[PDB]
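The alphabet sets the chain names here, A first, running in the order the sequence lines are given. Just so it is clear, chain A uses the PDB entry numbers, and the residues here are 82-469, in order. Per the PDB entry, chain B residues shown: 82-469, in order. Note that chain C carries the PDB entry numbering, so the residues on display, from first to last, are 82-469. Numbers in chain D come straight from the PDB entry, and the residues shown are 82-469, in order. Order of listing sets the numbers, starting from 1, for every ligand and every atom in it.
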Protein chains: 4
Amino acid sequence: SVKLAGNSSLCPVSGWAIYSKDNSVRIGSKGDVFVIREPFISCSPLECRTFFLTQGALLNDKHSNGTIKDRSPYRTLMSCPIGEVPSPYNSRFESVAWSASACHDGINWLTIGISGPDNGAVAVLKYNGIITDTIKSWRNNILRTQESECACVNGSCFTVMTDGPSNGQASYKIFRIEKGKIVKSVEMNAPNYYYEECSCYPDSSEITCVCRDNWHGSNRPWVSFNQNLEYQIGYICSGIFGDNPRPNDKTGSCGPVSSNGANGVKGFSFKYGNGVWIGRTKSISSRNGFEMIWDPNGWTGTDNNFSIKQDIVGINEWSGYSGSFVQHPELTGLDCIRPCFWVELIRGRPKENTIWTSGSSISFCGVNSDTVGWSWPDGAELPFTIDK
Amino acid sequence: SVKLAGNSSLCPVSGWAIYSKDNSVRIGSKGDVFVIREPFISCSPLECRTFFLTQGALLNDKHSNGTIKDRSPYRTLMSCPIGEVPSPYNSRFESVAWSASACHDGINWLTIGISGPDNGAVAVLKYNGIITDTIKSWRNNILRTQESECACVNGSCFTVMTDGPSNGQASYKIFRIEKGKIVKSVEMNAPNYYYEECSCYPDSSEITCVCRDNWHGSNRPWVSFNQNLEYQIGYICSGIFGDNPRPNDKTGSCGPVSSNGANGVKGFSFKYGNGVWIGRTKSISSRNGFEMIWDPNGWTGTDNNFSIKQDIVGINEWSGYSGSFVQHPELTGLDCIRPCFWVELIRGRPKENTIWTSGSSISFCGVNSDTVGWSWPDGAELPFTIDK
Amino acid sequence: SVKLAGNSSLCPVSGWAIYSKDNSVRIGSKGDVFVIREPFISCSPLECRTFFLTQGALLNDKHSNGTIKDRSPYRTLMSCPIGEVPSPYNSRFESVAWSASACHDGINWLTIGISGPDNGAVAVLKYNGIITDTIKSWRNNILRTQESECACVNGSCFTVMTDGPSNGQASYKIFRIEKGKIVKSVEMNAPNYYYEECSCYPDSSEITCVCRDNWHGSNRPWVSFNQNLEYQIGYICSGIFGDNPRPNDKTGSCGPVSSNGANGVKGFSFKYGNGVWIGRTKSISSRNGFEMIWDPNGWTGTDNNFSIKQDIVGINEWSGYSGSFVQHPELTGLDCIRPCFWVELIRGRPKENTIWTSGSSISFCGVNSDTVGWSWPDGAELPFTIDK
Amino acid sequence: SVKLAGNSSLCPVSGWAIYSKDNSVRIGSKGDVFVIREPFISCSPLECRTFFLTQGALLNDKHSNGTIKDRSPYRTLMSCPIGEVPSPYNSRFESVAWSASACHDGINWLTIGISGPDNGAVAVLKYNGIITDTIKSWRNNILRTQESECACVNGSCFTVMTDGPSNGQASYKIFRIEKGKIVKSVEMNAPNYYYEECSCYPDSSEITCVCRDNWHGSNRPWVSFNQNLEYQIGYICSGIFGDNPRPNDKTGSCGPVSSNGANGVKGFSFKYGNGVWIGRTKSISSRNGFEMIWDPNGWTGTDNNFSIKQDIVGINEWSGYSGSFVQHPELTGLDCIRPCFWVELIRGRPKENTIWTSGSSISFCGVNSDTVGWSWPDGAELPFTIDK
Ligand SMILES: *[C@@H]1O[C@H](CO[C@@H]2O[C@@H](C)[C@@H](O)[C@@H](O)[C@@H]2O)[C@@H](O[C@@H]2O[C@H](CO)[C@@H](O[C@@H]3O[C@H](CO[C@H]4O[C@H](CO)[C@@H](O)[C@H](O)[C@@H]4O)[C@@H](O)[C@H](O)[C@@H]3O)[C@H](O)[C@H]2NC(C)=O)[C@H](O)[C@H]1NC(C)=O
Ligand SMILES: *[C@@H]1O[C@H](CO)[C@@H](O[C@@H]2O[C@H](CO)[C@@H](O)[C@H](O)[C@H]2NC(C)=O)[C@H](O)[C@H]1NC(C)=O
Ligand SMILES: CCC(CC)O[C@@H]1C=C(C(=O)O)C[C@H](N)[C@H]1NC(C)=O
Ligand SMILES: CCC(CC)O[C@@H]1C=C(C(=O)O)C[C@H](N)[C@H]1NC(C)=O
Ligand SMILES: CCC(CC)O[C@@H]1C=C(C(=O)O)C[C@H](N)[C@H]1NC(C)=O
Ligand SMILES: CCC(CC)O[C@@H]1C=C(C(=O)O)C[C@H](N)[C@H]1NC(C)=O
Ligand SMILES: *[C@@H]1O[C@H](CO)[C@@H](O)[C@H](O)[C@H]1NC(C)=O
Ligand SMILES: *[C@@H]1O[C@H](CO)[C@@H](O)[C@H](O)[C@H]1NC(C)=O
Ligand SMILES: *[C@@H]1O[C@H](CO)[C@@H](O)[C@H](O)[C@H]1NC(C)=O
Ligand SMILES: *[C@@H]1O[C@H](CO)[C@@H](O)[C@H](O)[C@H]1NC(C)=O
Ligand SMILES: *[C@@H]1O[C@H](CO)[C@@H](O)[C@H](O)[C@H]1NC(C)=O
Ligand SMILES: *[C@@H]1O[C@H](CO)[C@@H](O)[C@H](O)[C@H]1NC(C)=O
Ligand SMILES: *[C@@H]1O[C@H](CO)[C@@H](O)[C@H](O)[C@H]1NC(C)=O
Ligand SMILES: *[C@@H]1O[C@H](CO)[C@@H](O)[C@H](O)[C@H]1NC(C)=O
Ligand SMILES: *[C@@H]1O[C@H](CO)[C@@H](O)[C@H](O)[C@H]1NC(C)=O
Ligand SMILES: *[C@@H]1O[C@H](CO)[C@@H](O)[C@H](O)[C@H]1NC(C)=O
Ligand SMILES: [Ca+2]
Ligand SMILES: [Ca+2]
Ligand SMILES: [Ca+2]
Ligand SMILES: [Ca+2]
Ligand SMILES: [Ca+2]
Ligand SMILES: [Ca+2]
Ligand SMILES: [Ca+2]
Ligand SMILES: [Ca+2]
């Protein structure tokens, strides 16, 4: 075992090849599948795994009732192999958690699991399953983190957490973690900005995070930083607005776009010089559909012109959260860090007549070979037996 | 860990010893068993696995409704250990797929998973579960592949894909794949021939495939080739016709036999000089029964005389797809490549009064020791609870 | 990895410590557990496993109907870790089989699985899961074998099979198998004797088998042999009759005891010079209760006196088949071969009002430390939901 | 593999970080989850596992009826990975038992499983799953042991067993066990003391146990001993009484506190010089709530003054058994033995209107980083379908 180097560049990609689909909700109609949300993928040098926050309940059982609720003591972070349904019979226990991150440094898994009360939550860090550190809410208002993989470069792993309001200015901190021990943190000077649920990736020994502005931005904030936590901040300039909700595409801004700026959805994007691969919902108002857009000047330019669009979920089908993951050269044998993404397909409440809320997933990896647009939706027929 | 050599000849065999049976449909009446079709077996130097295309649904659940349908975004290629029922709790996720192939080169698994729309399908190629290449539809008309194992020789693996009409001339391509990367492909010049769902095996460093003529052939087409994809083509001459449907046995042809030629079923045969071991259904009109027939001049001769018949499934019992798989010397310690086969036992629609279609399997290995004819059918009592 | 020597003597034992209980039937009331009979235990140098003949059906499902039936094409030999319920989700497929044996030579697993028609059945032998030999019925009348572990000495494994009538003189053969290849077999000269379902163990480089006389013996036949298949034969002389059914205990015989001699139950016994540890039912007429008796002159003396009895299952509780297994010094680190046994607890037909027949198990290992008699019965409440 | 040294001292801790939660009862409403009680956690140098005593029945199935009952032949000691639900599909079978202990010496697991009748129970000792010894009841009155992990130092493992009345003076023995073989045992001279369900841990090469006085003590008894089983005895002096039931806090005693002394619950405490970390229920009269309390002079001082209290389960929520477990330097890489604990969250009879009694778990590890009080209760909604 050796540390992931994390020093090559992102592989340039022309399209996205489908990687996994788990059909969890479809299968949970009969089988024993966890009620989950906030799924994400992360890879070691040997395998890729789906992480997810369970609700301590299975689909189509009565304890699935009320799972629209975000935070409870029943929620646990757990993981299974990519593409498998998250079942009590195939899933490894990670942490007690209603917000979470994980990532593999090349040697062992780091996991971060926040539980406790809204006014004094605690992140428990584990390295190879052993508790190695904790960090407690500093603003006493729902300490929260990525809901996707943390990022590793040369034995140090990096994440972002937020504490404070979700409808106004909050506090955002960046952490450096080595063998599960926080060795440095910095609070971001980001007035008039808002970061949550950061999708962070390594690229040439530095970390880039694209996040959710729930306060007043329908474009996505970003923060990048080096191993010493010296950071830079911005918003994606493209007029192809990345958040949900959002306005129709028009002239963008390098600051937060206030039109339709309140609320949000967890998302991601990949920076390639001045350009950007944007993943987003197809609907401007609800979590429906998904598409990947290549905008060759979208990182720094404000026009709404793009070069490529690839359909992933159709506009009438349910989507939800999305995030980045990467495959490092140590895993693939390439000479670059490969970009991939997952989409959470949220089913049930609040949009459907169920007592429950849960998600299945799909993921894709970046390639330079031929690809195609389509729709790979969840496909469960709601309501279920328990609802009726 | 070492590449499969694939340079020895096929073991001569006098009969077929039963190797597995999963009883998947019988078990899925209560257990959590995927609805599947298109199963196949493939071996590494250490184990044999069953690969299959799920419908993203479990048996006796309402999501099994309409699983007569061949292609959807829910279908996934998964695998389990030979003879186990395909459950979400024992199945390894491979790829998102409504048509597939897989094989092991002696170092890692290659998997091939075709998904997307009928007019622009994409094969995703994975080596050790990492995406390593893609190939897209070149006739825009249901890109499709073997539904059985690809074949490997000295580090290269080979498969066949079809694109175009299923009731006429189509286009047929052969591929050389090393470590999941397509290193060469050739389009077959095969006018008035039709190939699909090819069953391919290695034999003396070369590949022989026996396929399905869905256009106008009630005997089976074949294609053989070397590692440079220089090929030869033909049809099995035996008057013991291999496809289903087909006419009653009579004088054969070394080109397509047009009588009952349209439509077909995936199948296989093994070439031994001028002779041929034929697997086929017992009914001439539907997928019922299965039998193995040794015809010592059937590869190249057109008479309907044969020397050995061994019963596998009784004529009143449902059958379906069948395909070759091999066990290499590296696995067996023999000095030859051992032929084996599997049979898909299809239950439900169109022939039975259910909302669903699914399959169990049985598999047999060639030996020169004493064997017996019998019937090992699926054994499920239809309809199921969900149908009623 | 080294061959089991098999050259030490049986360990002297004063009593039996409980080793495992799986509660299969109790648990299959709700969970997915196989309908099984003919369970047995066998150990490698690293673990012990339960082997069993499934009925290709789960408990409390409709396909359990009619499982009183002994032979069908749906029956499969499968194995799981000792003490775990036999489920499709924890069980490894071994062979298609309605009669069976298995044993580990120190290097790999040998398995023997008989399937096919009553008038021409075939035993398929596998070594590390690969077919290595077959042997076909020689009397065309239900080729059958041990339903317990075969016995291994220095790289050779030994079993017994019977072919012929179950109500009269039949034919009995002994086999020597190396790496799953039959290297020698002999037919026993045993007129007026009858051997089936032999429980065979190694002891000082020779094999001793205690078996079932279904023709005309209420005491148990035995056969012992050396590695060259030179054999000796006899019946257990003790007046503590070991078969079920049997008479009440009285003066025994060194030939078959005809009183209550027809029919039988698979059983075992362990020889210690002139003495014998007999495992048997508590009832003289049905498969109910179980007890272990030490009779210090019972191998060769005909009195009905014994020195020790240890209760295992109470007289009013269901028992069934039993058999020996051993733990070799390569596994335990002892300087002798440890004797152990399992009991099948048969539930359902013909004695209970169900559509099905199945069994759970218990096992014990011989020790010299303190032990106790009790009852560890099956404990399922019959009938089940599917019966009603 | 190397023996756990066990020679470092206990890590000083300032609070408890949440480590796991299995949600077993919530999940067993639909999933296949064992009815259990008496779980506990123990770790090897590679993993932590949950051990528990099943009732040989699954939740929401009719065989869970009457599971208030402590001792039966159906009860088995099994284990799974920490935080996973105890299911037949993820659980290792360990031993047949209605009382148990287990621990890992750095090389293999020792398991201890007591079954048989109340007047002659036998402890079966296993090392790496092989029977290596037994010990039988020496007072004929429910031989019983820890229900928590044994303690290991330099290849010796230690435990405590009780035999005799649970409402008066009984007999208490300590055992030294090497590779599953009892090498020494001592009967405790403890007149007017009562010990059972001991929680024992290593600390500087010596064992400290904190136990349950069921006779006449509402504080907890303790016994500490060296590797030769030379022991010292006493009761925790703190006026913060540790048992349940108990009186309200007031001046303590260094011998048994008779007020509310009869009856009790399994529990634990960690000694740090003259101080003590106490885990206890929040209710004085029933098994409800749980809290950790640091009393810097509570080992040897009788006042009811304490420094730190940390909430674990809220006072209106069901609690139950609790026990210590440790993580050795060999697992953690620390220079001290880390204390952890678990709490059994009992549901059903006698306090709720069900046919069954079962338990889920939560566990916590000691840290010197920031922590928080909260409530992590069982969370199931009773009654269940089977009760109605
Ligand atoms: C899904 O979940 C909802 C919401 O329920 C809440 O969360 C769930 C998970 C549980 O934790 C509940 O306890 C929570 O309430 C369910 O709605 C609840 O249904 C239950 C069952 O009917 C209701 O509980 C009953 O209420 C009865 C009415 O009592 C009230 O008035 C009487 C005077 O008549 C008075 O005595 C009492 O104090 C109440 O004020 C009561 O008689 C009975 O014993 C029982 O308590 C509960 O009120 C409902 N909650 C809400 C918020 O409406 C759904 O039933 C559930 N659906 C499914 C399909 O499972
Ligand atoms: C049982 O068999 C083993 C062989 O595996 C015998 O052990 C060997 O004996 C020879 C001397 O004849 C030595 O050269 C070897 O070193 C021994 N090998 C091992 C691994 O110990 C043993 O003598 C036989 N025991 C009995 C009881 O007959
Ligand atoms: C805490 C505020 C935050 C942003 C509105 O809510 C998140 C939004 C969510 C959402 O918009 O779907 C669901 C997340 N599970 C939740 N996070 C937490 C920690 O509860
Ligand atoms: C698409 C043409 C082809 C031949 C008619 O269809 C096959 C027929 C099938 C059949 O005869 O059973 C099943 C195959 N799953 C299907 N293949 C695809 C890719 O859908
Ligand atoms: C074949 C004769 C034999 C002895 C009567 O029947 C056995 C009796 C059985 C029994 O007495 O319970 C069950 C065995 N499964 C069966 N063996 C086979 C091969 O069917
Ligand atoms: C046997 C006396 C002892 C103390 C009353 O009983 C314990 C009480 C129990 C309890 O208070 O919950 C549960 C334990 N399973 C039980 N132990 C046994 C061996 O049955
Ligand atoms: C990246 O790191 C590797 C491994 O330490 C090193 O050998 C290589 O020189 C580095 N490459 C670049 C481009 O910095
Ligand atoms: C990577 O980390 C190691 C250990 O701290 C350090 O020695 C090395 O200089 C780092 N490498 C680079 C290229 O920064
Ligand atoms: C086949 O290949 C192996 C491995 O490369 C080689 O050693 C052997 O000589 C070859 N066999 C034949 C029949 O050519
Ligand atoms: C099957 O599909 C048809 C068509 O939509 C529908 O009418 C019927 O209700 C379905 N049956 C089940 C069991 O879902
Ligand atoms: C097998 O492939 C390797 C790599 O191309 C090559 O070195 C070797 O010559 C090949 N052997 C044969 C028989 O073609
Ligand atoms: C069991 O099988 C018989 C066939 O003999 C059938 O008549 C009966 O209805 C079946 N019973 C159940 C409960 O399915
Ligand atoms: C054990 O088997 C080996 C291999 O056949 C043989 O050489 C040896 O003589 C055997 N030993 C005994 C004691 O039979
Ligand atoms: C603890 O044991 C280790 C391993 O044997 C030893 O090296 C060390 O000296 C010991 N420490 C103490 C404090 O006794
Ligand atoms: C349930 O358990 C009780 C013990 O409390 C037992 O005596 C009774 O017979 C059982 N009742 C049913 C309906 O199974
Ligand atoms: C640990 O055990 C070994 C083996 O008995 C012994 O020789 C050694 O002295 C022991 N170490 C200590 C510190 O007791
Ligand atoms: Ca927003
Ligand atoms: Ca642009
Ligand atoms: Ca045809
Ligand atoms: Ca011919
Ligand atoms: Ca008899
Ligand atoms: Ca006698
Ligand atoms: Ca007490
Ligand atoms: Ca105090």
Drug identity at ligand 4:
oseltamivir carboxylate
Write down the macromolecule with more contacts to oseltamivir carboxylate (ligand 4) than any other chain, named per the PDB entry.
Neuraminidase
Quick one: other chains with a heavy atom closer than 4.0 Å to oseltamivir carboxylate (ligand 4), which letters?
B
Determine from the entry whether a covalent bond links oseltamivir carboxylate (ligand 4) to a chain, and give the residue and atom if so.
none
Side chain, backbone, both or neither: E228(B) near oseltamivir carboxylate (ligand 4), heavy atoms under 4.0 Å:
neither
Short list, please: which atoms of oseltamivir carboxylate (ligand 4) are under 4.0 Å from a heavy atom of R368(B)?
10 (C), 11 (O), 12 (O)
Identify which of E278(B), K150(B), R118(B) has a heavy atom lying nearest to atom 17 (N) of oseltamivir carboxylate (ligand 4).
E278(B)
Numbered atoms of oseltamivir carboxylate (ligand 4) (with element) below 4.0 Å of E119(B), judged on heavy atoms:
13 (C), 15 (N)
Taking distance alone, with no angle check, do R152(B) and oseltamivir carboxylate (ligand 4) share an N/O pair under 3.5 Å?
yes
Please work out, at 4.0 Å between heavy atoms, whether the side chain, the backbone, both, or neither of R156(B) comes within that distance of oseltamivir carboxylate (ligand 4).
neither
Recorded source of chain B in the PDB
Influenza A virus
Classify the contact between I195(B) and oseltamivir carboxylate (ligand 4) as side chain, backbone, both or neither, using a heavy-atom distance cut-off of under 4.0 Å.
neither
Examine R293(B) against oseltamivir carboxylate (ligand 4) and note whether any of their N/O atoms are separated by less than 3.5 Å.
yes
What residue and atom, counting heavy atoms only, is the protein's closest point to atom 10 (C) of oseltamivir carboxylate (ligand 4), and at what distance?
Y402(B) OH, 3.0 Å
Would you verify that at least one protein heavy atom lies under 4.0 Å from atom 20 (O) of oseltamivir carboxylate (ligand 4), or report that none does?
yes
Just curious, which residues make up the binding site of oseltamivir carboxylate (ligand 4) with non-hydrogen atoms under 4.0 Å?
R118(B), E119(B), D151(B), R152(B), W179(B), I223(B), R225(B), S247(B), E277(B), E278(B), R293(B), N295(B), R368(B), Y402(B)
